[PDB]
Amino acid sequence: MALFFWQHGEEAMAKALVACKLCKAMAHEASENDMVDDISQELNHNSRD
Amino acid sequence: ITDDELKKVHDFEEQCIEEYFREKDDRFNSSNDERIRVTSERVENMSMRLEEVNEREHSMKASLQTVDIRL
Amino acid sequence: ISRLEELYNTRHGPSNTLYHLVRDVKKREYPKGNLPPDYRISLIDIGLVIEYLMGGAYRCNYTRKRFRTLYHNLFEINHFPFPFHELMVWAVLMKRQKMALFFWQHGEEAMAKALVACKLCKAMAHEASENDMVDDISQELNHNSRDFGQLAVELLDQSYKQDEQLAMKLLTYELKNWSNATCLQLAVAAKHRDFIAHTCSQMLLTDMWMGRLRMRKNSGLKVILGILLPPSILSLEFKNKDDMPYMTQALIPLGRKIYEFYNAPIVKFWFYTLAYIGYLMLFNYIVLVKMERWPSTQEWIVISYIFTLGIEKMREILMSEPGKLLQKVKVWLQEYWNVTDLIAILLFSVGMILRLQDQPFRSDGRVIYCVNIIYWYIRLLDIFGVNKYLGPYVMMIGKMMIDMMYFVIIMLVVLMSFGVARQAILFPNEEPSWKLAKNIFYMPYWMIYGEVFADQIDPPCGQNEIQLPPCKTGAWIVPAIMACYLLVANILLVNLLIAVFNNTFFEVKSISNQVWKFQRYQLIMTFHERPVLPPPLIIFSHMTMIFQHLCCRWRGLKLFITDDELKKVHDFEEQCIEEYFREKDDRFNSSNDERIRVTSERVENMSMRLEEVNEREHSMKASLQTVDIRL
Amino acid sequence: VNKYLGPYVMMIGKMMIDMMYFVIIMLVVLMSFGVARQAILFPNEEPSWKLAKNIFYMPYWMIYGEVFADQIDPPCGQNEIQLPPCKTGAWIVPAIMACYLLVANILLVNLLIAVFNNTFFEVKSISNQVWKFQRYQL
Ligand SMILES: CC(C)CCC[C@@H](C)[C@H]1CC[C@H]2[C@@H]3CC=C4C[C@@H](OC(=O)CCC(=O)O)CC[C@]4(C)[C@H]3CC[C@]12C
Ligand SMILES: CC(C)CCC[C@@H](C)[C@H]1CC[C@H]2[C@@H]3CC=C4C[C@@H](OC(=O)CCC(=O)O)CC[C@]4(C)[C@H]3CC[C@]12C
Ligand SMILES: CC(C)CCC[C@@H](C)[C@H]1CC[C@H]2[C@@H]3CC=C4C[C@@H](OC(=O)CCC(=O)O)CC[C@]4(C)[C@H]3CC[C@]12C
Ligand SMILES: CC(C)CCC[C@@H](C)[C@H]1CC[C@H]2[C@@H]3CC=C4C[C@@H](OC(=O)CCC(=O)O)CC[C@]4(C)[C@H]3CC[C@]12C
Ligand SMILES: CC(C)CCC[C@@H](C)[C@H]1CC[C@H]2[C@@H]3CC=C4C[C@@H](OC(=O)CCC(=O)O)CC[C@]4(C)[C@H]3CC[C@]12C
Ligand SMILES: CC(C)CCC[C@@H](C)[C@H]1CC[C@H]2[C@@H]3CC=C4C[C@@H](OC(=O)CCC(=O)O)CC[C@]4(C)[C@H]3CC[C@]12C
Ligand SMILES: CC(C)CCC[C@@H](C)[C@H]1CC[C@H]2[C@@H]3CC=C4C[C@@H](OC(=O)CCC(=O)O)CC[C@]4(C)[C@H]3CC[C@]12C
Ligand SMILES: CC(C)CCC[C@@H](C)[C@H]1CC[C@H]2[C@@H]3CC=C4C[C@@H](OC(=O)CCC(=O)O)CC[C@]4(C)[C@H]3CC[C@]12C
Ligand SMILES: CC(C)CCC[C@@H](C)[C@H]1CC[C@H]2[C@@H]3CC=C4C[C@@H](OC(=O)CCC(=O)O)CC[C@]4(C)[C@H]3CC[C@]12C
Ligand SMILES: CC(C)CCC[C@@H](C)[C@H]1CC[C@H]2[C@@H]3CC=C4C[C@@H](OC(=O)CCC(=O)O)CC[C@]4(C)[C@H]3CC[C@]12C
Ligand SMILES: CC(C)CCC[C@@H](C)[C@H]1CC[C@H]2[C@@H]3CC=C4C[C@@H](OC(=O)CCC(=O)O)CC[C@]4(C)[C@H]3CC[C@]12C
Ligand SMILES: CCC1(c2ccccc2)C(=O)NCNC1=O
């Protein structure tokens, strides 16, 4: 859904960089709060995408 | 930058998004794996339509032989 | 039973090494010898064969008293409840790989069957290499072991993909048809390194490590703060009462919190580590400071540590897997650290007995203490082996010693040649004395490490400065051969060992990572079975257990799941097998090679049918032309 | 700020973490040889803080080409001026010296050479990207 919404609308570069920041931040927060490690890996993958 | 240049960079960003998406589509359509898959499938269908063509050609040959026998 | 005995006694099909295994277990059981040619191999002997190959405390269902009673009374009671299991074992034993792979797909408990097959294949490969058979048989058996291991790894991947918790239940549940074992225990008994180093089993081992503590964030430090400060335990977050209870045998909240904390294996390990570090500094204090006639309080604490640790090592020997004590010792000798610990305990006992006497034996006991202090420092590498960076480093050093040994041998040859040449030129009138070997080995060995002994390279002699003693004949060869020795030592051999250590780095690093991830299980289950109290206070837990044993005489961390959950894990295991097989079929059908081949063929046929179509179209065109000419 | 020296400093920064484990194993082996040598060669010492200095002093300089050749195997228990008598078990002091000098100078340093070389390429690429990243911060 995020990749679909990235295509539509303006300011796609800032939207992509903000999404990469948010994904890395929630990956770090999920690793810090002792959640499932697969969630942190998938959030890091979304940040890299 | 101003509203005018904002409109310009928004147009630039949309051209960049369309060019990137359809260049990815061109790369995917020209890869060896997708070409082999599309071919394989196309070939699969061909044979099936040509087997139908062979059966209908046998029927047409039998009809032509019967018409030649009648006349 | 009779049909399976006839299957085990067949002579058709490919060759096998089963007869050698039956001969070896018959020679071991009744020390006879070679079997008669007309020998009918009973399934009891197959049971002993399975027990010998699987090793440890494995007890095949054939050798149990129920099956021997059924055998004595008969040679649906004679029908096997799980026939695919015995068929699988039959196939794996007589080296029919495709039949075993077919029987792996059909039936339940496919994971335990695959791990047992990998164990059996590796064991017969080792036995075929030991008995000097054909090496191709050993290679093919190792290939079959690796194929069954890859099957189990892919099944584990599918179980982790579908549902996590029921996959843990698959990994932990007791296998009644496999000597009451566990899939994890079978993956460790078969030395399956890829199975244990998988991320699911690693986090299972991490969950097993932490006991009943949630924690998992900056771990180790809060464990140490709980150890050193007993009122720091109540601030730690504790897991639920029923969230993952791995056990072996299936006010008050404060006492439950204390009991759950102090029985956690990480807390028990850090207890043992702090007690060990305290013992090491108490050993340092008694060896640096002078020793009186009687031992001090610190020496008494060190002696108490050594002897309680010795009784604890004897406890690890007695509470082991086999039933016969020689096999218990043979199992315990696999861990080399335990053997060197026992040797160090005996050496400290000899040193203490020599120290408690008078001179000149007290100094000898002090010296034996000073040699033991070296090993008790070196044991900190195994203590640090629990770390995810230091453990593989220690394993890597272990691999690198074997590469160093050949350098040591070539080094010894060149060093001994230069030592013999220098001592035999510069000293031409010596007498038979043991100082000649010391003069051979002394100077060249320190020549390696930056000390060339510059005062004695080419000393000025045969001149008056005080008159120097005359020159020994041929002494000028002593510098020149020195030059050669210093080159081959310092620029050739050390640089070659640098290249050896660097080129064997990557493979040894990956193997050290997998072996550390494998022996994490061994660390966890050894430290779960250990008593709560540290080694200096372990005598209390030991008398406690001795009194409990006497009271009982007067009167694997599994899950022990039920028939219902057994049905659930069997359904899960069948979904995993079907998903893995048809995902392999999807991968094979979507590969480029198979698509190109299927196309090529389809095209081949097309042309042939279209050539027939062209000929029939020519015939139809001729018929239409004739019909148009007629009308 | 330089395009050659900056990644070199970042690379040294990465290499310190690889050095730390060598330092730990080095500390264990060095402390064992220091305790053994001080506790054999000095059997009548008193509680004093010089014992730790004698533990840490000689083995650490033994790593860097100074084996202290005058004090490896000093001649004693003989008349030359009469030398003081031999300490008991002093012949173990050279032999364990041999082992310590091997594991220090041919095993551990060569292993750290291999560690630094095998982690060179990835750390070099990461140092290049981190330098190019922190150019903005500069
Ligand atoms: C679990 C680990 C990380 C910490 C626990 C170990 C320390 C608390 C121990 C180990 C060595 C001990 C020392 C060993 C020897 C001595 C000499 C001892 O002095 C004497 O016996 C003579 C002088 C006097 O009686 O005061 C005083 C205690 C002290 C410093 C000890 C203090 C406590 C130490 C530091
Ligand atoms: C279990 C061990 C390995 C680690 C935990 C540390 C403490 C529980 C122990 C170990 C060393 C012990 C010390 C060793 C030596 C001494 C010297 C001792 O001094 C005397 O006995 C001198 C006076 C006299 O002669 O009566 C007093 C106890 C003390 C400080 C001990 C206090 C308790 C310590 C710190
Ligand atoms: C103070 C002087 C005498 C120097 C002491 C040198 C040796 C007594 C030490 C130094 C480094 C040690 C090695 C460091 C690493 C390892 C790997 C480790 O091996 C394993 O973990 C595999 C064995 C197993 O656990 O089954 C322990 C043995 C070994 C070779 C050690 C053997 C003893 C060594 C050679
Ligand atoms: C990598 C390979 C080639 C290493 C091989 C070296 C060792 C076999 C040599 C090198 C230095 C030798 C030691 C040098 C000096 C001594 C002291 C010597 O002590 C005595 O003779 C007692 C009286 C005295 O000290 O004068 C006993 C032999 C020993 C330990 C030697 C034993 C053999 C050693 C360890
Ligand atoms: C070929 C390589 C692999 C090994 C070479 C080993 C040498 C270093 C050994 C083997 C024979 C040894 C000799 C065999 C016999 C003796 C007599 C022995 O005489 C005594 O002990 C007499 C009483 C005394 O003075 O103690 C002194 C050592 C010596 C010269 C040995 C010195 C060391 C030698 C030359
Ligand atoms: C694979 C490598 C590491 C094996 C190396 C083995 C040998 C090279 C070592 C092991 C035992 C050593 C011996 C142990 C004890 C002695 C007694 C020592 O005797 C003296 O020094 C006599 C007193 C004196 O006059 O100094 C001479 C060296 C020698 C033969 C050593 C020579 C070197 C030896 C044969
Ligand atoms: C890797 C390359 C660069 C090595 C080249 C080094 C050699 C060519 C040199 C280094 C040390 C030299 C030796 C140093 C000392 C002497 C003793 C010297 O003896 C005498 O003059 C006899 C009387 C006396 O000893 O005073 C004869 C030459 C020689 C063997 C030299 C020969 C040439 C050597 C072997
Ligand atoms: C004169 C004697 C006391 C020797 C001095 C040794 C140390 C004080 C120096 C020598 C090399 C230095 C290191 C060289 C390179 C780096 C990388 C550099 O790290 C970074 O750029 C990352 C940190 C950041 O900027 O966020 C600065 C720290 C460090 C580890 C340095 C830390 C301090 C070290 C160990
Ligand atoms: C890679 C790892 C294993 C390195 C570990 C080595 C250090 C922990 C050691 C090695 C040399 C030691 C030093 C050697 C000598 C001294 C002088 C000493 O000074 C005094 O005692 C003052 C009076 C005097 O100088 O006599 C104080 C300790 C110190 C700095 C020592 C502190 C600890 C050091 C730095
Ligand atoms: C196990 C490894 C990781 C660490 C080992 C550390 C040792 C090198 C330490 C720990 C205990 C220390 C001892 C603890 C107590 C004392 C008493 C202390 O006595 C005094 O200070 C008395 C007054 C004076 O003479 O200054 C002298 C140092 C000493 C022997 C310490 C020397 C250094 C020791 C052996
Ligand atoms: C990861 C690595 C680098 C950590 C290394 C830490 C220790 C090995 C160092 C850090 C602080 C050092 C201590 C700092 C100061 C001293 C006092 C010093 O005291 C004296 O020399 C007393 C005066 C004299 O009689 O010489 C003895 C060494 C010692 C204990 C040092 C021993 C080595 C220590 C414990
Ligand atoms: C002596 C070392 C140790 C130990 C401690 C921590 C980790 C591993 C081993 C112990 O203190 N007692 C039981 N077993 C042992 O060998």
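In this entry the chain letters A, B, ... are assigned according to the order of the sequence lines. All chain A residue numbers match the PDB entry; in order, they span 630-678. The residues of chain B that appear here are 1162-1232 by the PDB entry count, in order. Residue numbering in chain C adheres to the PDB entry, whereby the residues present occupy positions 485-515, 523-566, 607-781, 834-1048, 1056-1145, 1157-1232 in order. Since chain D takes its numbers from the PDB entry, the residues it shows come out as 969-1048, 1056-1113. Only a part of the entry is shown; contacts are counted within it. Worth knowing before you read on, the calculation uses all heavy atoms, side chains too, and leaves out hydrogens, waters and symmetry mates. Both counts, for ligands and for their atoms, begin at 1 and track the order of listing.
The options were pilocarpine, ticlopidine, primidone; the drug at ligand 12 is primidone. In this complex, the main macromolecule engaging primidone, as named in the PDB entry, is trpm3. Chains touching primidone with a heavy atom below 4.0 Å, listed by letter, come to C. Lab note - ligands/ions near primidone (< 4.0 Å): none. The site surrounding primidone, defined by heavy atoms under 4.0 Å, contains C/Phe852, C/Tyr855, C/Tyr859, C/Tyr888, C/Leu892, C/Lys896, C/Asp924, C/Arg962, C/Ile966, C/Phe1117, C/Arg1120, C/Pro1125.
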